[PDB]
Asks: 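Take this structure, written in structure tokens, and hold onto it; I'll ask about it next.
Following the PDB entry, chain A shows residues 28-117, 126-233, kept in their order. Determination method: X-ray crystallography, 1.9 Å. Just the heavy atoms: all of them, side chains too, but no hydrogens, waters or symmetry mates, feed the values below. Indexing begins at 1, ligand by ligand and atom by atom, following the structure's order.
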Amino acid sequence: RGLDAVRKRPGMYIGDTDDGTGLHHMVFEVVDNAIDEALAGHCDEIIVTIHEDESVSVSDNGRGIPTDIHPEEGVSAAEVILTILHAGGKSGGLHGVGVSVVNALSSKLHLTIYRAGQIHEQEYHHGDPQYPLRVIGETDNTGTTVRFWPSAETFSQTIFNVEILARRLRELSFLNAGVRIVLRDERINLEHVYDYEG
Ligand SMILES: CO[C@@H]1[C@@H](OC(N)=O)[C@@H](O)[C@H](Oc2ccc3c(O)c(NC(=O)c4ccc(O)c(CC=C(C)C)c4)c(=O)oc3c2C)OC1(C)C
């Protein structure tokens, strides 16, 4: 029920769902979550991939979203982040809502966390967890990957424009010294790297 308010008023949260601004806002909200991990001093690389299947991945080398079950809540902290709107201040719509809104408006979302020597994943359909967050391997790395398929029920157009993403990612690179920002478009075999060390 945590995501019901977003399913009911997608436009209020993400912006215009027709003109493509709301659609690209979905990527920017996930990137903003990775930028916060960089501002916290924990992340210095963010990779945005537009996939052949038209889904988008955002991967960071941050701490990784915490995976521990808060008995209070009964589920992994990550599931709380993905299925409950935060309480802080917040293309039209709201700026800084983060991944909960993106989850709600995605037909599918796949979460991978690299944390505490372990690889954890969870899948959502339209914001509903399909199974509890689970361990699937070991890793020496840390960070978070969010891959999402924006809902064809919510957005009249679902094809990401590599130029709109590239232009905003260059602004963010300039605004965030020391963060290596990579954009990959597998549809056209493009890679851009923006690295402003300052
Ligand atoms: C979408 O998640 C975002 C994160 O996005 C990314 N890409 O990392 C990032 O923006 C930021 O991530 C934080 C924000 C706060 C803490 C944080 O305070 C940590 N400190 C702890 O000792 C800790 C350890 C376990 C634990 O369950 C929690 C609370 C869990 C939270 C805040 C989800 C905190 C920690 O390890 O990781 C943190 C992380 C990874 O805030 C989220 C979780 C909403």
Asks: Help me out, what's the drug found at ligand 1?
Replies: novobiocin
Asks: Just wondering - which macromolecule does novobiocin (ligand 1) hug the most here, in the naming of the PDB entry?
Replies: DNA gyrase subunit B
Asks: Which chain positions lie within 4.0 Å of novobiocin (ligand 1) by heavy-atom distance?
Replies: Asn60, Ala61, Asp63, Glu64, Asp87, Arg90, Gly91, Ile92, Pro93, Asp95, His97, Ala104, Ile108, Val134, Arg150, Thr179
Asks: Show me which atoms of novobiocin (ligand 1) lie under 4.0 Å from any heavy atom of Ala61.
Replies: 7 (N)
Asks: Which of the atoms in novobiocin (ligand 1), numbered in the order shown and given with their element, are less than 4.0 Å from a heavy-atom of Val134?
Replies: 1 (C)
Asks: Do me a favour and list the nearest non-hydrogen protein atom to atom 14 (C) of novobiocin (ligand 1) with residue, atom name and distance?
Replies: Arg90 NH2, 3.8 Å
Asks: Return the residue, atom name and 0.1 Å-rounded distance of the protein heavy atom closest to atom 4 (C) of novobiocin (ligand 1).
Replies: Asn60 O, 3.9 Å
Asks: What protein heavy atom is closest to atom 22 (O) of novobiocin (ligand 1), reported as residue, atom name and distance in Å?
Replies: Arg150 NH2, 4.9 Å
Asks: Starting from atom 30 (C) of novobiocin (ligand 1), locate the nearest protein heavy atom and write down its residue, its atom name and how far away it is, to 0.1 Å.
Replies: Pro93 CG, 3.6 Å
Asks: Is there any N or O on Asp87 that sits under 3.5 Å from an N or O of novobiocin (ligand 1)?
Replies: yes
Asks: Would you verify that at least one protein heavy atom lies under 4.0 Å from atom 42 (C) of novobiocin (ligand 1), or report that none does?
Replies: no
Asks: Taking 4.0 angstrom as the limit and counting only heavy atoms of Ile92, give me the atoms of novobiocin (ligand 1) inside it, by number and element.
Replies: 1 (C), 2 (O)
Asks: Less than 4.0 Å from atom 2 (O) of novobiocin (ligand 1), is there any heavy atom belonging to the protein?
Replies: yes
Asks: I'd like to check atom 7 (N) of novobiocin (ligand 1) in this structure: does the protein have a heavy atom lying under 4.0 Å from it?
Replies: yes
Asks: Give the source organism of chain A as stated in the entry.
Replies: Acinetobacter baumannii 1419130
Asks: Which atoms from novobiocin (ligand 1) have a heavy atom of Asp95 less than 4.0 Å away?
Replies: 25 (C), 26 (C), 27 (O)
Asks: Is there a protein heavy atom less than 4.0 Å away from atom 39 (C) of novobiocin (ligand 1)?
Replies: yes
